[PDB]
Structures are given as structure tokens and as C-alpha cells.
Novice: 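My questions will all concern the structure given below.
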Amino acid sequence: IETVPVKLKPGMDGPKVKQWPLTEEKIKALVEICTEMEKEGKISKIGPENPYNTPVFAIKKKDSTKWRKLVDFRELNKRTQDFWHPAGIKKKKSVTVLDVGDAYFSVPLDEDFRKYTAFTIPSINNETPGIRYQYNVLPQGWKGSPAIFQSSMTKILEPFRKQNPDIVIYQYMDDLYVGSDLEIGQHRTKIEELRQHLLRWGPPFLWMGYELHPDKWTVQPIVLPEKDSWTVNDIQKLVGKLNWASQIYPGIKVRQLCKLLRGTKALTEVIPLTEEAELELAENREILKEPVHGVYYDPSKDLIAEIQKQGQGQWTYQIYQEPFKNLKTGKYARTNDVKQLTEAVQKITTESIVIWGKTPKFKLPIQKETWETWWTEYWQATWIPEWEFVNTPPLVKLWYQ
Amino acid sequence: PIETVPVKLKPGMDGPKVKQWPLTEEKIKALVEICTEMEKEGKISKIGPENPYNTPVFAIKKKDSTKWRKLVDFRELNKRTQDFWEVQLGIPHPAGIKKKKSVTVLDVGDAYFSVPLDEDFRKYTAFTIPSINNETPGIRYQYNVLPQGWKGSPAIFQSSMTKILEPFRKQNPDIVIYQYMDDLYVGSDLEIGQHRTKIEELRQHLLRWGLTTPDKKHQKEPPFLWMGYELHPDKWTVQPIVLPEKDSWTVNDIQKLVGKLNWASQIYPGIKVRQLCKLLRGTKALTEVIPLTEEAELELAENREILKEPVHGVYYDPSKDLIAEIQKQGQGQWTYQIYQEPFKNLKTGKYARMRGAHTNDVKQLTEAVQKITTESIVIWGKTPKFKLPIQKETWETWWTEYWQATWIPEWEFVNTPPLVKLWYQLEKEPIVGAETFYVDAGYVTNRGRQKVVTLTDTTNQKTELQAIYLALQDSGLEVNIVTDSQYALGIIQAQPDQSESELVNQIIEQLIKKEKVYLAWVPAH
Ligand SMILES: Cc1ccnc2c1NC(=O)c1cccnc1N2C1CC1
């Protein structure tokens, strides 16, 4: 076929990323997979004259007993040239996510780019050199792929698009987001059909095979303890919380509360509240009832995502671009920490895609070595967000949920 | 006689054009004999003045032999040559290999010189042999095979190598080969003779490609002292380590000793160097002499005793499960050993890594488990079932309440003191009827009590901890403490049980003593 010439952003060179060591189980799965990808001429074994590399992992399909080869094209995607979103989707009632990755494989990759797609199948204890290949077709997870395949895509999709304009479809990387307002019964059917209408040309369900229901996504407002009797401690926590949130909602006043706190009283000493205090709380309580006004999504900025461990299998996240200027906040509850955490990330990323058609730069409350050790064990997405590791302040965790 | 690998110079770069050093007629003679020997063997060939590139050559004799040797300085060429895939820096660890019945080392003679060089690249490998007479110029050649000392040489070679074996390999699932630089380790479970025979088969397979190797009578025999270890086909150990019996030790000596001691720890359990390491504090010269302490010499002698008795690691038995067991050897020290069969060690090791200024055994213990896991996946592509001196309840407690997310694989509690526990727990709510201390280097209580102390040479962060220390000190068995320092709050809420800040440790002591303690934070002004 006619291969479109692709190129890296000016002056940039190809990825030379270390491959995190894998477990025998994974390795074997990858050998078996890539071996068949080779026979099909999808990929080809490469030589020493190729100094590039990208990490590879094997994830397990959701309710499927097969493996999926995952490739961390992050470094590459960042260095690839820029190739040149339905707000209605986020309102849809039902959205299903499919994996269209295999389409790409029908299209060849520009010969002079192929080398950058080099990756390696590692050997246990380095007992073996490690099997190296590069791609011949468009590789899954590479931002280039969707672009270069856009045209052929639109083509096999215009029928459905007009034969069913009541359905919204968005494509992000290897994923196809099919939205609608139909009854979950109707929806599932129309989804299946689309599947054969694609079989017609070039798709197991992604994300539990299951649905998503955007319409029901809501913001987690900052809350205040409502309680019967108030002790010095309670109030202290209160004021502390309040003061913090006053940097977001400046209308919050603590004046009266702070006054119930004059004197070095005993912590457990109950404090009946005054009239002014009562109203000050109420007013504050009222201010917090909704997200702060003004905050808007800036497409030219990085979408950041922070998570906090609450406990009891409960987590808190916030999506923003500028500190305190949250675009969304939420909650996640169940396993073990990591598993939970990954599920949080993925969940969160999906939302970001669905809403702002983009993936966020997470900040994870965990240790690299550990994360690098298990994340692949529960990961099911076809994409991989950028992430960094941090040390959550005990106060922040306190100020949420 | 194999596929040549395509090479290129780094972009926007021309081949090396560097002048040949003035040689000696004596050396010019040797070189011409060598380059002629070589041109008749095809590895090099005369070129026309067409070629403007040039690389410096020179003559050095063999070591302890009175025989000339050609050397080509490729620094420049290499500065210009494209990069290659990494000549694996990844080296197999003995505990990861399985026993064989027999094993064999096959040294590859004329390795590099048995492989072709990208023809379009040969020109860049130009060099010259000066003439002895003036207007009778000297010989220009270029490389046709792989020049030792060149960038790609090791890579390309190591590559081809594997390509060649791949075949033999496939029709010999039985046999195991590992290639390292110029040696080829080959073991099998074949009965003695059958083994010896298949080696030749191999030796031939290589022959078919001009790959010269040593015959049975000239090959190296087990064990194989491999970078740090002695490898018999069924057992291993470390490179024999005897401890000097000096009476005067230099800073450097001690450094070298510690290093050695370290190495040994991976297999020799109970090796300790805490005391010897102590000996370095304040040292001012690599040649300064430090006398031994009673604990240092005791330790030395104890290690010396440990080493005296040789140990031998066992090989990996993939059919079995690998068990990893961990112990707290000292404050901050942990020892572990992994095995498939009781006491039959694959590998051992210590863990002293302190991540953070303050920690607790649980956090620390956990971090060790991680270290181990990582290693395992690497040596065996699998993780071990752990044996741990801590009970779930303990773990769970700390876990659940720590702000960072964490995870430990399948683990079994082993009742092997010392057990790791939490020496104290902050109350989760204010203590009723417990005096309330308000701190900021001083405090005030609900009961009128107070003390504004004096601290000199104290840092902001350090002043805050002080007050709290004070509070703990004068209070009774139950206290509620209110502070504005998020720092201290943090430090303590993490319930450390060891810290290298003396103050902390003190406080820590206080905490352990108390019946119930509640810490609360409130803003500044
Ligand atoms: C250095 C080295 C690295 C990797 N594997 C091995 C060796 N050397 C051996 O001596 C060895 C010993 C026992 C079993 N396999 C061994 N071999 C395998 C190749 C037969």
C-alpha cells in the first residue's frame, strides 16, 4: 500500500528507553505473541545497527483468557511530529469503549520510521541476549497510527454515522467510544451490530466489555462535619479545614468560630455555639455546596491528576490545570492498594478522555519500584498515562472526603 | 561467511582524517609483514589514493613474548561511528542458573576477525604503513572484517554469534548455551561422552563459519572462576577471600576491606561491617592510620571466622518453589536468604537502605521485601513466597493508616524473634481528662502549667520538635498535644521508631512510654 512518510519532531532522535524486567509468565506470553506477529510480517527481527528501544508488557484481557501485548510508546509519542472532540459525548447516557487496535495492522508503516519502533523481549537472568524487533505496520499505542488511519477509518464509519446519527463515536488511540441515550438494552444491540459492520471491513469489548454512564458523573464538594455537640477539637479541625478552603472560596469567614476558641481550654471540652458562629458555619457550608466559579478548561495546558489514600479502600482524586483550580474532583472505593490504585488511574484516565478527550499527568502516592513491579498485573487499558511519584501531606488527605 | 551488518557514521560527519605517527623502520618492517599476512587472509586489502581517510596505527609486542603486535587507534572513528544496541551490561547471577551434568567453556579465537564489515563502511577503516625511503610511498589499506577496538565490533559480533547458534540451538533443545564476550559456556545433562561429543558437533557448527575453537585437550576445566564466583556444574561459591592479619590499618585498607566484606555478604550470612565502617568517621587521608576498636576487631575476627568455613550456593531448580526469608539483624539491618529447599541457599543478602530521615521497622521491613522481589523477578523471572517476622495484624494496622499506597505478595509469618511491631500508636481522637498542652520553645496547659525554655544553635524546624519533646516530658501518662507545625505533625504521625535526629529519638522514647497520646494540628496566627 501507499505509506505516508512520517517524521519525528525536528532535531529529536528515537527512544532509547530501558526495559523494565518481566516475569517468566509474561515473557513467554510475549514470545508466543510476537512470534505470530512476525509470521504475519507485522513485525520483523532487527539488528545491532538499531540502538533504539521502547518497553513492552503483557496485560490480561478483561473476562478473556488471552493476553494483550502492551507497548509503552510514551517516549516516542512525545517525540513524534504533531499530526493535524464531541462535548455531546459526555452528556450521553451510555458509552461503550471498544478496542480497534487491530485495524492498524493492515496498514504498513513508513520504512524509514520503523526503526524507531524497536523493542525487546527480555531474557531471565540475562541468560539470553533478548529478542529484538521493530514494526512494519502501524503499531498499537503510537499516536501516529490513529492519525494515519483516520482516513480509512472515517470511510468505513460514514454509513453507521448517518445510518444512525443518534449515536456519537469518538476515537482516542486504540479506543472507540460509542455513545448514545438509548435503553441499555437497545444500546448493547446497536453496539454489537457496529461490531460486525466493522468485521465487514477490518473487536472485543473494552473496559469490562462493559458500559460507562457519563450522565451520572458528578463533582465531590468539600464537606463539613455536621454534628450534635461540638468539642474544642472538632472546632479546631473545622477552622483548619475552613481556613484552607478559604484560599479557594474567599467568602468563607472563620471569625466567629475562632472566637469560641479563645483560651487554652481542654480539647474535649464541649463548646455550645453562639448565634453568629452558627450562621457563619451555615454561610460557609452554603459556599462549599458547589465548585468554585470561573475555572475553565484550557486546552493548551497539561491536565493534572492527584490522588490521596483515604483508607478502607477509599481514595480521593482531583483533576486540575492550575492549583486549587480543580476541573473535577471525585471518589474511588474498591483487593490490595496497588490494584485499587491502578483501577483508579485507569478509571480516571477514561473520564479525562471522555470529557476532554485527553489523558492526565498523574501524581501517585507510591514508590516507583513497587509501582513498576505490579501496575502491569492489573492494567487493562490500551493506553498509558504519564505519571510521577510523590509524598502526600497528611493535612491534604484530611481536607478531603 | 555471514550476513554483513550495515553501518553508518553519525549524521553530518565524515570519516576520520588523522595523520599517521612517524614510525620506525624497525616497526614499519613488522607492520608490513603483518598487514601482508592479513591481506592474503582477506581481512584487509590495498586501496587506491582515492581514499582520503586515515587512522593511526602502531606496533607493540606480545606480553612477556618477544613478538610484534599491530594496534590501531580507532578513537576518532568511534567518535564518528553511529551508536549500537547495548552490548548487554546485564549479567546473569549464579543463583539463577540450573545445575547441569557437565559444562564447557569454548574460547573463540579470532572472534572479530571472522566477521565481515559493511562494505560501504570499509573505506572509513583506512590506515597507512609508511615507506622507509622518501619518494617511495607507503601502503594504504582498509578493513574487510571487524577490527578489534572498533565501536560496533563487540555488538555486531555478539549478534552474528547468536544468529549462528540459533540453528544448532533449535535442533538441540537439550543443550544450554550462554555467550559472554569471547567465551561460550555450554552445559548439558548428557552422559559424559555424549556431552563431549555434542560439543564437537557444536565446535564444527562454528567451524563451518571459520570460527576457530580449542579442542578437548586445550579447553578450560571446571570450576570456572567467573567474575566473583567459582562455577562447578552443580555448585558455586565466591572467589576465596582471606582477611589480612595486619596490626596497622590505613583508611584505604579499611575501605578495601569493607568492599570485600560487602561482596561476600551476598552469600556469607552474618557478615557484618558496622563497626569497621564506623572507623571512617572524620578520617583525613587515604593513608591515615586508624587503630581498631574492641567492637571493630571483634567483628573482624567474627567475619574472619565466618569466611574460614567455605560455603557453596545451590543452583536454581525451577521445579521447586523459592522461599525468601528475612530477619532484623540490627537497628536498620536486615538479612535475608532465598531457598527452594530448607537451608539449601540459592542466594543470601542484607538490607540497610534507609529511605528517609525517620522510619519504622514495618516501613523498612516492607522496603526490603520490595528489594527482594525486584531481584527475584530479575534472576528468576518469578517472585518468592516470603517468611516474615511480623504479624498480619501488625502490618495491616500500619498499612491501612499510612498515607502512601503499598503492597506485599504472599507472605507467611514466621515466629523468629526479633519480631517487628509498632512500639506505639497515636490516639485517633482527643483524650478525655488528659491535660492539654499548647506548644509553639514553650507550652501552656489548660491547667495553668507552662515553661518557655532556652535553645541555642537551634533551627526553625528543630525548635518546633523541642517544644513537643518538652510537653511529652512534663506531662503524665495521657496527653493531648496541640501544635501549629505541620512538619512535626508529619514526622510523628508517621510514627517513626528510629531516626538519625537525636531529638526525634528522644521523643520517640517518650511516646513509647505513654499510655495514650493525641496530636493535633492548628494553623499559626
Ligand atoms: C557463566 C555462565 C553463565 C550462564 N550459564 C552458565 C554459565 N557457566 C557455568 O559454568 C554453568 C554452571 C552450571 C550450569 N550452567 C552453567 N552455564 C550454562 C551455559 C551452560
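Reminder, nothing fancy here: chain letters follow the sequence lines and each chain counts from 1. Below, each value reflects all heavy atoms present in this structure, side chains not excepted, and no hydrogens, waters or symmetry copies. Determination method: X-ray crystallography, 3.0 Å. Atoms within a ligand are numbered from 1 in the order they appear, just like the ligands themselves.
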Novice: What drug do PDB records list at ligand 1?
Specialist: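 The drug is nevirapine.
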Novice: Which macromolecule is the chief neighbour of nevirapine by contact count, per the PDB entry?
Specialist: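 Most heavy-atom pairs belong to Reverse transcriptase.
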Novice: I'd like to know the other chains touching nevirapine at heavy-atom distances under 4.0 Å, if you can.
Specialist: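 Heavy atoms from other chains: B.
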Novice: Check the entry and give the organism for chain B.
Specialist: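 It's listed in the entry as Human immunodeficiency virus 1.
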Novice: Any chance you could list the binding-site residues for nevirapine? Cut-off is 4.0 Å, heavy atoms.
Specialist: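 By heavy-atom distance, those would be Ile97(B), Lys98(B), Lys100(B), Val103(B), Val176(B), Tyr178(B), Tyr185(B), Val186(B), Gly187(B), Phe224(B), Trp226(B), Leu231(B), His232(B), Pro233(B), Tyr315(B).
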